[PDB]
Asks: 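If you scroll down you'll find the structure; I have some questions about it.
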Protein chains: 2
Amino acid sequence: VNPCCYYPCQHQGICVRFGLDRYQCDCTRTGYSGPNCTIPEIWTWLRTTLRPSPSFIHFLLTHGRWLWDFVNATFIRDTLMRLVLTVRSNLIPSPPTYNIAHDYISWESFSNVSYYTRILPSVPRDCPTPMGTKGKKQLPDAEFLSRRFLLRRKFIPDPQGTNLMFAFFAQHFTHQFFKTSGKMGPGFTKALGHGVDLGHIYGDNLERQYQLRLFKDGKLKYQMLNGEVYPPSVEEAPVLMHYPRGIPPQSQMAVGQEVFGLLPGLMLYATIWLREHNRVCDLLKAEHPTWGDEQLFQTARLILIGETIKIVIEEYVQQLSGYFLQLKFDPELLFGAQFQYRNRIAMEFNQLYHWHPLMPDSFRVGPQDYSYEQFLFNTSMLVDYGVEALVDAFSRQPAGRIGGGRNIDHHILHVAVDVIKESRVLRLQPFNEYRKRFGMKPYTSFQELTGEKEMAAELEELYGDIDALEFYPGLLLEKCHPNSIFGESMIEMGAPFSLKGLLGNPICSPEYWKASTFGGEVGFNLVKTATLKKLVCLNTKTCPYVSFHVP
Amino acid sequence: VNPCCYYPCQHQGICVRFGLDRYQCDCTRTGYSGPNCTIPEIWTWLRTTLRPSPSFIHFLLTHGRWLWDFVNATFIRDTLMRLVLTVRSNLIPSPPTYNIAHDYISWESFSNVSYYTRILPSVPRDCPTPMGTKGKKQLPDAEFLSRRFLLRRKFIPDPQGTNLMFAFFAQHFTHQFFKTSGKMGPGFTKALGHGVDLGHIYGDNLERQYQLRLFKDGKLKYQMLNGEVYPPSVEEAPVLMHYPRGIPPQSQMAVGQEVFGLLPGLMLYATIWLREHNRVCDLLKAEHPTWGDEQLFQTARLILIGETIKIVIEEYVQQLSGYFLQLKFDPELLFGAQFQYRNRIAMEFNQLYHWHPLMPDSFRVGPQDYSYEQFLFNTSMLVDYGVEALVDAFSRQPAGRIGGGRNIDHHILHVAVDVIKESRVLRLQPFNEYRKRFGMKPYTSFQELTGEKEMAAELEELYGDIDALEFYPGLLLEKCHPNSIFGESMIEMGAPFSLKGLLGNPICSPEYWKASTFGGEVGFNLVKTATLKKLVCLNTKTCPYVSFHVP
Ligand code: HEM
Ligand code: HEM
Ligand SMILES: CCCCCCCCO[C@@H]1O[C@H](CO)[C@@H](O)[C@H](O)[C@H]1O
Ligand SMILES: CCCCCCCCO[C@@H]1O[C@H](CO)[C@@H](O)[C@H](O)[C@H]1O
Ligand SMILES: CCCCCCCCO[C@@H]1O[C@H](CO)[C@@H](O)[C@H](O)[C@H]1O
Ligand SMILES: CC(C)Cc1ccc([C@H](C)C(=O)O)cc1
Ligand SMILES: CC(C)Cc1ccc([C@H](C)C(=O)O)cc1
């Protein structure tokens, strides 16, 4: 029996097979020593005992507004944001570590960008049980697990007021770096780029980009419909878009991410960002009449990347966190720190971001209430209502609570089922192992995981042992913070991936973070003062209610 | 007239075109302010005035052996090595900056690995003269310039005692990251990897690697000849090798770098490293009987990458430098510093590494003296003499002095001619601009460049102005240090690229630099104690005289 199946090495120690049946843990730089890296060094011990729980820190951050208001207007704001940035980031390996093919560092894992990386090695194929040495010989049926604990019965809105404007932003944004390859299989991605490169606007490959570009004034091709600007058609921009068989090219919109024609919300954002790109080109040309099409295009792209990182940290994440602390996007906060400006999307981060519970039972646009069947492959809704109308509608409709269980609409429950199946193919280690990998104590029972007893009893009967609970299921079934959109694990595990992805970008490095990179002071300020409201309203005829929070 | 043609921005300030005819310099973080970034800050001025010249520091490093010996045995050795590593490295942009297509930062320049990067932007195409605003309307004829100042008349040996064992190591080693693509043109490379990835041994692409691997015990395919181990034939390892038409596959060796069959010296190293890879596999399997072929292969590769870095720093660079300071390869020296573990080969670095003057008039192997025509595409010499014999021969024959001028054998003078032509296509800025970009004062005349009067007068008559002198020519014609192999520019410009290349490797990062990465303490020590002598002798029947220095 493979000793590493027991996950003997603690605190990021590395389990290596030695001889026919022995194992050793490489505790290098873990802060611990001993056979299993559990004997702490004096400094390590002080840090671990003097640190408040994720639950207590969360409390401090969502209480005492009056105090935080004072803090948010001083340098303490910076000090804390930097603290948040470094502490969350150090939890992500960089250079990247393993991939679906190698549960060990290798030159292939480091140079081969078609692979998603992974934080914890896989469950060795030769282990007694699917999860290691705990649980039953066979995992609970994915389908059953989903219907029992993930299916929505009664719509549960997000207590934090998150809306569909946010939901679709999330779907739009994440899909620029989550593009699992159907051809290569699980564990592989076509979103080389691995981060905020805006590939969902410009395309994940040159040829597509060239087909999407006007090659005049650095602009992106487009078309006018009802006196409004929209992405061009595939006929004008011959690029592969995944539309239902039968829909003509002249009726398809070409945008960068092949999958965006399958939801008005997605194309909505495609339209907004496309309008913002061409707008920025105008501002740039005014500043540099001697610039060619290429430089105008390249420079505008860097600007939008900046705007995206800005808005994601200061509004998107802010919304999700519900923190009284005013999050801040300022690369300089890291100029005095040891930080690698690179990123590699992890398969776990992909699993974790499946926030389908956000989707509602139906989609309300003014007096009209559209169903999934009327909404999903709708090729006219966006143009019928226009950008302003849809933004207003999505900004008003509440999105569903992510954590807590039983809140995924039956229309898309199938995604969760496949997420669970893919997880087993990827052989993700147990939820508890990830709890530990991210600084939390493992759950000692299902009743501790869920703040209740009914689901816990059934889960325990199915899994047999809390140490067998799988990654994704653990994330969605964990008990949620007070009036939060999800549990602590979602944050403690997601923040590192997210923040490392945002700041790990090259435009955030000392070499790139300069006015000249963005065409000058005008371009640099577009990044620095970017805003959701401005992203929309500076590109629409009228300004509707725009926010990631319900009115 | 494009104002940036004057190279107005100093100290790494960035020239940006504004309005119809204005320009601005982005002095962000340069240590200077002002229209041209020429007004120094207090600390900046202190550093530039309190810093000794490259010539004085070089003096200190090559005198007082007794003092140095004392220092080398103390922590001062680590202190100076860290200084050297950090000061030389900070001179290289990271993330990478421009490429042949973009004289400005862009997402395309950052993500597109098929491009060599460049430290200084190109000479704007719309400038008055080919070099900017100085020199004649037409540059000196490349052919003529080479015959007049680069052609060898009388063989000039390297006063530092460098041998052919070193010369071939350099060619072998560098050809893993300098692989200009004929199909795409100058400015493009096939050596994705941009560094010490050992692609010249394992191939620059997966398919090729696969054809080269045995897929057993993690070993590399091979063949036996005279009881000795050699690389396999193209027949057993069907991989593309550039051999002259007319030679049969059965006499073509397959090695990783398509060009290595064109010199016994190159294949010699191919053989040595191949034997070392398979040897390491043995040691590894002894340690991990449960490991599969893949892990054995991946782990051995990481080990050889380490051995390569170790030897290049402590023996290779040591020999070139001539320093009494004992250089050291220890990744930990940088763990407390702000350093990016990434690298991108620069086109200027490619130009600079054209050390053809190293090649002799003929190749002596014992009593036999072989001509270029008997040496260049010889497919039997390596096997006829065996590894030991050739190593001994190359270790005894002195290589030619690199700097000084008039020392490139007529057989390969054509390379230099093409290097100069490619330079103009790449539109490399003038030598003086690079002097400045690397911390030196520009030469005020050709007489200052060359420590003499004749060549200088002829060069001045051809170029018209010292500010028109080109990159490569400047490097080879600059006056050499006392009894050195080349001038200061070669070191002051090359050291930064070289060390950044070496330490910027991901195996030198905190995440990778651990015993487990190399299979354990045994593998880790192979890296830490790697040696040229051991690389050869631990893989040959007998141990010949092996060194980068003539006996
Ligand atoms: C009702 C609206 C939505 C529909 C119809 C939908 C549909 C899908 C489908 C069909 C897949 C691929 C499923 C498979 O291969 O089995 C998928 C993947 C995914 N969805 Fe959704 N989704 C919706 C909303 C969202 C939202 C709001 C988010 C939150 C950001 C989200 C995040 C993801 C992620 C992260 C993936 C995996 C991406 C990848 O690996 O390529 N989805 N979704
Ligand atoms: C007599 C032995 C040698 C021969 C016959 C030779 C031949 C060549 C040839 C034919 C090219 C390509 C020329 C072109 O495209 O116009 C080349 C490139 C080059 N050689 Fe050599 N060379 C020799 C020795 C060396 C040595 C000792 C070094 C020092 C490390 C060296 C470094 C280079 C470099 C850096 C390049 C450019 C690589 C690239 O861009 O792909 N060569 N050599
Ligand atoms: C000043 C020293 C304080 C030591 C208190 C550290 C407490 C943790 O102690 C460690 O717990 C591990 C299990 O969790 C054991 O495996 C280790 O052997 C034990 O040393
Ligand atoms: C007063 C509030 C200060 C907030 C700054 C601390 C930054 C949060 O830091 C995070 O805290 C988690 C525990 O909640 C840990 O599990 C994470 O690893 C750590 O990065
Ligand atoms: C006593 C000698 C100590 C030498 C260690 C200093 C490290 C060398 O450092 C280098 O010096 C050059 C000038 O010589 C500069 O042009 C380079 O930019 C700098 O990195
Ligand atoms: C879940 C994740 C994708 C979003 C997220 C939420 C909160 C935070 C804050 C700054 C933190 O570090 O606690 C970061 C990122
Ligand atoms: C020219 C270059 C390719 C080799 C080289 C020579 C000397 C040094 C020393 C440590 C230095 O920094 O002066 C580094 C690299």
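The chain called A is the first sequence line; B is the second; the pattern continues. Quick note: numbers on chain A are straight from the PDB entry, i.e. 33-583, in order. The PDB entry numbering applies to chain B: residues 33-583, in that order. Atom set for the values below is all heavy atoms of this structure, side chains included, hydrogens, waters and symmetry mates excluded. First listed ligand is number 1; within each ligand, the first listed atom is number 1.
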Asks: Return the drug name for ligand 6.
Replies: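 The drug there is ibuprofen.
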Asks: Name, as the PDB entry does, the macromolecule that ibuprofen (ligand 6) contacts most in this entry.
Replies: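 Main partner, per contacts: prostaglandin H2 synthase-1.
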Asks: Which chains, by letter, have non-hydrogen atoms under 4.0 Å from some atom of ibuprofen (ligand 6)?
Replies: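 By heavy-atom distance, the answer is A.
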Asks: Binding site of ibuprofen (ligand 6): which residues fall under 4.0 Å, heavy atoms only?
Replies: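 Counting heavy atoms, the site comprises A:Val116, A:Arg120, A:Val349, A:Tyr355, A:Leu359, A:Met522, A:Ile523, A:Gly526, A:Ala527, A:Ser530, A:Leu531.
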Asks: Tell me which other ligands or ions sit closer than 4.0 Å to ibuprofen (ligand 6).
Replies: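 Other ligands and ions within range: none.
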Asks: Of the transmembrane segments of chain A in UniProt, numbered from the N terminus, which have a heavy atom nearer than 4.0 Å to ibuprofen (ligand 6)?
Replies: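 Numbered as in UniProt, the segments with a heavy atom that near are 4.
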Asks: From the PDB file, what's the organism behind chain A?
Replies: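 By the entry, the source is Ovis aries.
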Asks: Which residue in chain A annotated by UniProt as active site is closest in heavy-atom terms to ibuprofen (ligand 6), and at how many Å (rounded)?
Replies: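 The UniProt active-site residue closest by heavy-atom distance comes out as A:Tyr385, 4 Å.
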